[PDB]
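Next structure: contains ketoconazole.
We number each residue from 1, following the sequence as shown. Start at 1 and go down the list; that is how both ligands and their atoms are numbered.
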Amino acid sequence: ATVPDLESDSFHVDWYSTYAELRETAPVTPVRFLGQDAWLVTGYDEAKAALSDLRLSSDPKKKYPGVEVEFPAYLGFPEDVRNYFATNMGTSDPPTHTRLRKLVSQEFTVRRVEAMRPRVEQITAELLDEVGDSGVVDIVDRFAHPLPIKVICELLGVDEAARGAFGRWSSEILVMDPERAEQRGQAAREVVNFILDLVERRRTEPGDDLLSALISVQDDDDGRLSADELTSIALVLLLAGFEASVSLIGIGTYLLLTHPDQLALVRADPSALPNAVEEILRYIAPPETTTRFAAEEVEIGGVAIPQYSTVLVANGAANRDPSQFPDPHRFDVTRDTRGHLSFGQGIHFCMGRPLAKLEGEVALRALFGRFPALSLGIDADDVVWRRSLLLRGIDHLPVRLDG
Ligand code: HEM
Ligand SMILES: CC(=O)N1CCN(c2ccc(OC[C@H]3CO[C@](Cn4ccnc4)(c4ccc(Cl)cc4Cl)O3)cc2)CC1
């Protein structure tokens, strides 16, 4: 047989056409990625089933007798830094996942997120004040990127001289290219060091930020976060804030720009924006694939996935399955986006959803409300998509402001 290589351009060039080809053939198929065998789930019901099946583990630290598996997200990571990237919610199974998420939810609340709205709006304004009212700028470098970064650094207590460097490290981590495994491995060690110092300074000089809060947080029955847990959680929260929202803002900007009809609806009806963000996420989900490990043999969509297999649930392909979303290839701000898998499903549902939504809505609202003539600086076909199945995105998007 012929087995798909997730590394081929087929998974980075007009890739939603490949996903449809696979899904129509077999919703759960064996593939190859980074020179390793895995199972790609492209169908909606299959993705949902897999995400809900706890026999499919999210913990990369677990050792199985005779099995030695290296999951793609940890390409080139030395075991010690891997552990630092994997001692948090998303890399745990119950009951560890349960308490870690419980303790963090006590401080990472909707109240804390909502309380930052004026600041998020203030930051958005300033950024837009300095881009100009005429010419072609890189809306990603000048807007989509700095906004999320300033927000997360304030939430976490990351100073000005720290950002930027950290940024080039997380960008490297986003690519899983076997030829750069060393460089990727190095950037991961830098991020881990950075975080170690951040937490150390924070313990020494307390404040009212989220990190300070996580350090003192404790529960009667669950106790507190150990040093390692605290470190890994911080690294993971900082990582998400630095990259997740950028993809949303940038992709969102590109979609509204390429869909005048949809944009106009938003402009006319501001109350339409919240669901517009939901459609953007469903259309081109940043976390294209999520990973699971079959601790036991599991049957998904009529296919038995052998024990000790690595499953790549393609959240993005699932969002374009006609059985769930009719005319999935149609970007429609009015569509019923209920049930999409861009924020996860089950126990690992994205806990940063409130923050992502706030930043996304405020940003696009300001961008488009401020520049009623905003247009794309390049040919839509010439847009370069980041080659990452971990977090899809656009690193450079030239837009013309005045016309
Ligand atoms: C557009 C933005 C975002 C998208 C599309 C997104 C997507 C996801 C997905 C798909 C998962 C589930 C992973 C899995 O099932 O393996 C997840 C988990 C998570 N996300 Fe996000 N996320 C976004 C923003 C953020 C932000 C901004 C934060 C935090 C500051 C965040 C923090 C997390 C955390 C901590 C988890 C793990 C939850 C758990 O395992 O219980 N995410 N996110
Ligand atoms: C077994 C195995 O290999 N697994 C199982 C665990 N899975 C998993 C899922 C989510 C997860 O989230 C951690 C948090 C920290 O940031 C994110 C990514 N992100 C962005 C928005 N929401 C999530 C993230 C995650 C991984 C990487 Cl490399 C980069 C990034 Cl920015 O997830 C961490 C691990 C996937 C890997």
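To find every copy of ketoconazole, look at ligand 2. Per the PDB entry, the macromolecule making the most contacts with ketoconazole (ligand 2) here is cytochrome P450 107A1. Near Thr91, the atoms of ketoconazole (ligand 2) lying under 4.0 angstrom from a non-hydrogen atom of the residue are 33 (C), 34 (C).
Scanning the protein heavy atoms around atom 19 (N) of ketoconazole (ligand 2), the nearest turns out to be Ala240 CB, 4.4 Å. When hydrogens are left out, the protein atom nearest atom 6 (C) of ketoconazole (ligand 2) is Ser58 O, 2.9 Å; that is the closest non-hydrogen contact. Of the residues that UniProt lists as binding heme in chain A, none has a heavy atom under 4.0 Å from ketoconazole (ligand 2).
The nearest protein atom to atom 15 (C) of ketoconazole (ligand 2), hydrogens excluded, is given as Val236 O, 3.1 Å; this is a heavy-atom distance. What sits closest to atom 22 (N) of ketoconazole (ligand 2) on the protein, heavy atoms only, is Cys350 SG, 4.1 Å.
At the shortest separation from atom 21 (C) of ketoconazole (ligand 2) among protein heavy atoms lies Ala244 CB, 3.4 Å. At a heavy-atom cutoff of 4.0 Å, ketoconazole (ligand 2) is contacted by the side chain of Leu390 but not by its backbone. Summary of contacts: the protein heavy atom closest to atom 29 (C) of ketoconazole (ligand 2) is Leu239 CD2, 3.8 Å. The shortest contact between atom 7 (N) of ketoconazole (ligand 2) and any protein heavy atom is with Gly90 O, 3.6 Å. For chain A, the PDB entry reports the organism Saccharopolyspora erythraea. In this structure, of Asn88, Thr289, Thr291, the residue bringing a heavy atom nearest to atom 36 (C) of ketoconazole (ligand 2) is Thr291. The residues lying within 4.0 Å of ketoconazole (ligand 2), counted on heavy atoms, are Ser58, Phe71, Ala73, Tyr74, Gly90, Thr91, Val236, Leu239, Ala240, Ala244, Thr291, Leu390.
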